[PDB]
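Using the PDB entry numbers, chain A covers 40-434, 439-617, in order. First listed ligand is number 1; within each ligand, the first listed atom is number 1.
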Amino acid sequence: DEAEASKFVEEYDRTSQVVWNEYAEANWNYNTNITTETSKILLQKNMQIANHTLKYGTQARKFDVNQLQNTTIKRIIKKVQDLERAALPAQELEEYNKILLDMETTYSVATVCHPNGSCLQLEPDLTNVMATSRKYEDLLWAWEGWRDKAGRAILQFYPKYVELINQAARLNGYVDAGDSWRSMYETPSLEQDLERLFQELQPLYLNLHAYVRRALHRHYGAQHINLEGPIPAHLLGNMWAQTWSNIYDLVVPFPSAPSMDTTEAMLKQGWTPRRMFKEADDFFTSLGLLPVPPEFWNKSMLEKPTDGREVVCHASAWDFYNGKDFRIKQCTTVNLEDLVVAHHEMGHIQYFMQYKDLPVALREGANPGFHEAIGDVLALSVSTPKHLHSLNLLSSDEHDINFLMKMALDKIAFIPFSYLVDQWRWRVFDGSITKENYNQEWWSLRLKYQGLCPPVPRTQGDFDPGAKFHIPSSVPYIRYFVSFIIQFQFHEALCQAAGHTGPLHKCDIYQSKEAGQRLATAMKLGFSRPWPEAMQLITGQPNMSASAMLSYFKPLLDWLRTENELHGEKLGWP
Ligand SMILES: C[C@H](N[C@@H](CCc1ccccc1)C(=O)O)C(=O)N1CCC[C@H]1C(=O)O
Ligand SMILES: [Cl-]
Ligand SMILES: [Cl-]
Ligand SMILES: [Zn+2]
């Protein structure tokens, strides 16, 4: 029957390309122009792609994968047997698709208004307030307001969403949706592996947390900061306190060594969103990697539209499954934070182009984390003082500690948050957390892992998780935790291949062909082989390891311990 198998995969591939390309079209139109019309069309297309999935998935299940000889065919067919949402009865499928659409629309058009009439959208208004305001009450207004308008509005849809996504998972052979999502890593030991990694980063996070807590105590006052407790969630310069880069000014280790206004420098010399992506595109090509197609610059939405249409601003990279059309949709703002995001997204695009010739079923990253790490790796080099100086955006061991601190505020602060999100969802999916306890358990984890507390007590009806994009958008989050760990492993390996010597944090792989080759060879595998092989190709070993990230920040860890020790900090919280 081996003959029927290769034939099946061939038909699945050519037909999937057509249907998936049409779907991406409708999805893009909705995402870049939210209207009743584009919404209705997208929902119609959902039913069409579902019909295709059910047709080929039903056939795939007729094959006994065990008796299949060719490992590539065996792998593709096993994957096609998973119908995902298409496994749901037609009635539940349309209800599920509408719920997803409603949650996405609700989140993307939510606004927080003042008594007068001035209403602010998340991007860039509220994001700017959280990043620049140093007034406790103004930060509270934005923090609470976003949750009141976005979070609370998602609550009416979540319980049903959970019921339906779990039903689909069970109909595909999994115990629940969390089980289904975790399966993407093909790693039985996943939960234990990630827990060990999280634990290895505790010394660093706890020391950074204590140091930043002391700084906030200095700025906002003893009456608002408990030196032995959690930090109010609205003072970290970010709506979700997932990255603390924006309060660098309040915590700079050596204020005597001033650093240029990077964001002001970009604006000062006319940097634009297009320039930002052009620079990222240049970094990739410098490594010998692929440049984005001409079509990319013509079809991407790199700026928030001003023609009246409403859009999903949250940045994302798109593969239209025809090996030629790739696009990015981002409401880009001119600043260093979004420059890094630009590289992040361009990393996804590079992966798309690298595996474009593989069967559609295998056009995915070695694991989701790999897809998320590519752009971040290059951004690590872009963020170095020397590289920023080469871009004319910047002009001592102290400058070194300041830099590591800036890097830690983003990378280290994000570790517990990235770990937390799916620890919460997996327990919602497995029934451990009911709708009565959604919010309470979210905050229990926010405290346990991040050491944060809500500035305003939560009340019945609040659903703070809904105020975070990936929740109503139903996008898994553990990939970001994996990404932050492995991106440093990649940085370390690529730097070693590039001939770098000395402190790892001083490495800049710009123009390194050796580094480019390692990334390309790995990306070309797509999802054709277990991820340890792609890991081996890049790093020379097959496991995930926190050693690289710890090595990168070693100088900061030493500095933080000394600093916290002399101030008598009590690490942690009750
Ligand atoms: C800006 C970026 N966007 C997402 C998009 C996710 C997504 C998947 C499927 C459909 C729409 C959006 C991405 O990974 O590119 C993002 O959300 N990131 C990057 C790092 C951490 C995470 C965050 O900001 O929470
Ligand atoms: Cl929150
Ligand atoms: Cl994931
Ligand atoms: Zn990403």
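For ligand 1, the chief contact partner in this model is given in UniProt as Angiotensin-converting enzyme, soluble form. The name given to the drug at ligand 1 is enalaprilat. Numbered from 1 in the order shown, with element, the atoms of enalaprilat (ligand 1) that lie under 4.0 Å from a heavy atom of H383 read 13 (C), 14 (O), 15 (O), 19 (C). Listed in the PDB entry as the source organism of chain A is Homo sapiens. With a cut-off of 4.0 Å, the other ligands and ions near enalaprilat (ligand 1) are: ligand 4 (zinc ion). Using a 4.0 angstrom heavy-atom cutoff, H353 counts as in contact with enalaprilat (ligand 1). Within the listing of enalaprilat (ligand 1), atoms 12 (C) sit less than 4.0 angstrom from a heavy atom of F512. Some N or O of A354 is nearer than 3.5 Å to an N or O of enalaprilat (ligand 1), by distance alone. Annotation: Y523 places an N or O atom under 3.5 Å from an N or O atom of enalaprilat (ligand 1); distance criterion only. Per UniProt, the domain of chain A home to most contacts with enalaprilat (ligand 1) is Peptidase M2 2. Using a non-hydrogen distance threshold of 4.0 Å, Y520 registers as a contact of enalaprilat (ligand 1). At least one heavy atom of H513 sits less than 4.0 Å from an atom of enalaprilat (ligand 1). The proximity of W279 to enalaprilat (ligand 1), defined as any non-hydrogen pair under 4.0 Å, does not occur for either the backbone or the side chain. Applying the 4.0 Å criterion to heavy atoms of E411 picks out, from enalaprilat (ligand 1), the atoms 14 (O).
Interface atoms of enalaprilat (ligand 1) facing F457, defined by a heavy-atom separation under 4.0 Å, are 21 (C).
With ligand atoms numbered from 1 in the order given, enalaprilat (ligand 1) contributes 23 (C), 24 (O), 25 (O) to contacts under 4.0 Å with heavy atoms of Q281.
The binding site of enalaprilat (ligand 1) (heavy atoms under 4.0 Å) is made of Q281, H353, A354, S355, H383, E384, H387, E411, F457, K511, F512, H513, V518, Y520, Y523.
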